[PDB]
Student: 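Here you can see cyclothiazide bound to Isoform Flip of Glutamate receptor 2.
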Amino acid sequence: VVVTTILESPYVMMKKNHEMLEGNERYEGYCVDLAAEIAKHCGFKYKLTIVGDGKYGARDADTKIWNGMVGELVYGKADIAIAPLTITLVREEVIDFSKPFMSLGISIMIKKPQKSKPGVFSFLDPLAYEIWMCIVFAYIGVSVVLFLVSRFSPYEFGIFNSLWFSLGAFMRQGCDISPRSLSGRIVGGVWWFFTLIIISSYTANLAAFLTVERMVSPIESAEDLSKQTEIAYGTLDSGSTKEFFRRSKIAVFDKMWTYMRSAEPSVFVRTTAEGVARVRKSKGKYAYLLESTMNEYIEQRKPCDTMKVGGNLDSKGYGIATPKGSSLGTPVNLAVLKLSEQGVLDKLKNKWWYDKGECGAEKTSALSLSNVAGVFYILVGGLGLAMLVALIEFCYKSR
Amino acid sequence: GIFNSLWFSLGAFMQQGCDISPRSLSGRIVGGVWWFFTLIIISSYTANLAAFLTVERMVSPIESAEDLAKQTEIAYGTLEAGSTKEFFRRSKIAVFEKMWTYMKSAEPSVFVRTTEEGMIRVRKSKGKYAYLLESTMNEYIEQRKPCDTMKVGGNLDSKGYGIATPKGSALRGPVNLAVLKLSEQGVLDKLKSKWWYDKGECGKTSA
Amino acid sequence: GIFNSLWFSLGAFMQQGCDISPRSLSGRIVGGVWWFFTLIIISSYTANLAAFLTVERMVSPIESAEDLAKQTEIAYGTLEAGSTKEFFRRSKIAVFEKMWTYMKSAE
Amino acid sequence: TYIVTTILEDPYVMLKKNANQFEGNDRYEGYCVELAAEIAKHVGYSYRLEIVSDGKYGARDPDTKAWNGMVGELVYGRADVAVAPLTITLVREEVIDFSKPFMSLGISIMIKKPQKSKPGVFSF
Ligand SMILES: NS(=O)(=O)c1cc2c(cc1Cl)N[C@H]([C@H]1C[C@H]3C=C[C@@H]1C3)NS2(=O)=O
Ligand SMILES: NS(=O)(=O)c1cc2c(cc1Cl)N[C@H]([C@H]1C[C@H]3C=C[C@@H]1C3)NS2(=O)=O
């Protein structure tokens, strides 16, 4: 027969020594490995041909003509096909199919937002804001209690000095005054125990929260993405994703397809690498919807300037095709069943993917000033406030 | 006095201040040795607290199928009269072959009759038993109360269910088109989301 | 004064005592915010020091032959006209075969 | 009419709590049952909910060469179709037609989760 590929990576990797090769040895990839593995169990002659149009079957409404990959099989130009070709009803109504040999799904693709340094006020992260509020109001309550206890049950401790003492005990710096009665000393003791526990809990693992950097994606998922319009998303042209959005009946997908269709220029693209370049040359203003396999492969490959957000919007599975009624449909089906039973498919998928991941195939380093600047700003604000307050008091006592 | 002595001793164990300090030699010895004791104890407590807070979660030794098979202290088996048992019968990889050899003859019978039987078998066993099961029912029951069962490792192989039909039947094409239409529409995803996730019987750096 | 102010500020950065403490509001604000600053900085220093002392030694990425071969950023080869070269010529294992293929032609 | 072979497993086929009160197809409510209803509405064919008496899955013994379970009912004409969890594989596919998948799966390891002492109030 004749084996047609899409010249798409990693399913079709043109060999580095392309000049000095010909025939079925022209190019390499997972698809070719699978084709050989199935020719072993099927005994069918094949030629590693490539489709001229370089695109997958699409059904134009006006001409009602299959183009590229599907056209070759339907119009007799092709006998078989082994490729990253996605199943679907309309495409299945015209040609017999095999069983899935991969799992996938439509997935989002964007440019890796830069690692946001832990912003100002990062020294509060070690403790959740609930604990901070409880701490504040406990510092208030203890001082109030100490004031009440000392004023109305004495052997000084006003409210101002009481707050001073409580704060000093919370920061391990003692003060010039200590309670002299039992009823204030109990409060002091529990306050000391509480601050000891809290500080020992906070101090521990405090460099991490001043140093750790977490990336925040702008498009959390499809719903969040479609809610906004500042960023423009695109998809391949004449493919399964377009057909899936076209036949969609879900509100989010309906609005998303409306926005993509009614967006100028045309967000669409002729080929996958074009979308890759567009997202990598858009300052993160372009989002591309491709599968979950190519996406991961790209993520693993340098410079790794992209990432996948959200989860698969729908799983589809690939599948070896065949012309309707061809006698080869059954043997290829049984062949893929056998290979799935063997580890050929899992072995190939595990090896080809993550085979040569350049990026990523933590250390402890000093604190830069960017990490701990917030407390310096706070200190300077406090000094300014103190001088302002003293001037205010000075003018007030002048009158 | 005694009241102030207790106050001072407490104010030195918490590393806070002390409005007074001993002035004689024989009180100063006590103060110093108490300071040494509290220094040691407090440093120990703080360090071990740091250790506890960044404590790694229990890493069960059953992470891998190979590890789960070498751990003969825990018995393991596959459901009998099922397709998974057939797969392990025809499994050719080293780990699967070794597991199949182990499970071929073991007393009591590592095989089981029904899924509920295997679930209860693992439940009663004090961790001395292991079970092999499809990745759907496992999750579904791990979601069902009681939630005393827990999946370890990842899926060992990718496969799928199917709407079977008698060979040569006349309802072959229509059902294929039907399943394709139902998968293209979110109807099937809706069913799975409703009847797996909507139930919810139970349920390094971090604040 | 100024001398005692410096003494107090230093005695609060080291977490030690202070024979005096501010008595007015406008000195107490400064004292408190300085205490907050020193608490943050000292805790940070202590934690990161703990980290440095138990710092793992540099684990070079060339630990394994397979890793040393996948790291094409570093070129590798075997002595020519020697028995080791002959062994790699006849090596049959996956890692050795891949390394031999890499080293067969490289400039 | 159509005869359907379901293995009656949680949650693909479930017996309604009002099993005695409920009768017929409406008596049964499971993911397999709902899928059967949806597909039938898609095609319009009469069917009667049924469960395999043997209570087993596909297993052809070497000595007897006889199919048991849902596949057994399917091959011998006892069952017309089988909308139920049935891992599609090679040996089974060699006798029975499989439509395209409707759910991915995989074999997995199950263990009794060891009790983890949740930090009490006095965990400090
Ligand atoms: N590499 S993988 O996990 O994505 C993956 C996924 C799949 C594989 C094989 C592999 Cl390796 N084959 C199965 C097929 C095999 C037989 C069983 C289901 C189909 C029919 N479909 S699948 O579930 O889509
Ligand atoms: N949500 S899921 O993973 O369980 C899942 C998995 C699959 C679904 C649908 C869902 Cl919801 N349908 C696909 C089918 C649909 C069409 C495309 C492949 C088959 C044919 N197979 S699948 O990959 O097995």
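Chain letters follow the order of the sequence lines: the first is A, the second B, and so on. Chain A uses the PDB entry numbers throughout; the residues present, in order, are 395-549, 570-775, 782-819. We number chain B the way the PDB entry does; in order, the residues shown are 568-770, 779-782. To match the PDB entry, the residue numbers of chain C are left as they are there, and the shown ones run 568-674. Following the PDB entry, chain D residues are numbered 390-513, in order. Only a slice of the deposited entry appears, and the contacts counted are all within that slice. Atoms within a ligand are numbered from 1 in the order they appear, just like the ligands themselves. FYI, side chains are in, hydrogens and waters are out, and symmetry mates aren't considered; it's all heavy atoms of this structure.
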Student: Any idea which other chains come under 4.0 Å from cyclothiazide (ligand 1), counting heavy atoms?
Tutor: A, B, D
Student: What entity name does the entry assign to chain D?
Tutor: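 The name in the entry is Isoform Flip of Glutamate receptor 1.
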Student: Which transmembrane segments of chain A are near cyclothiazide (ligand 1), taking near to mean a heavy atom under 4.0 Å and numbering the segments from the N terminus as in UniProt?
Tutor: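 Counting from the N terminus as UniProt does, heavy atoms reach that close in none.
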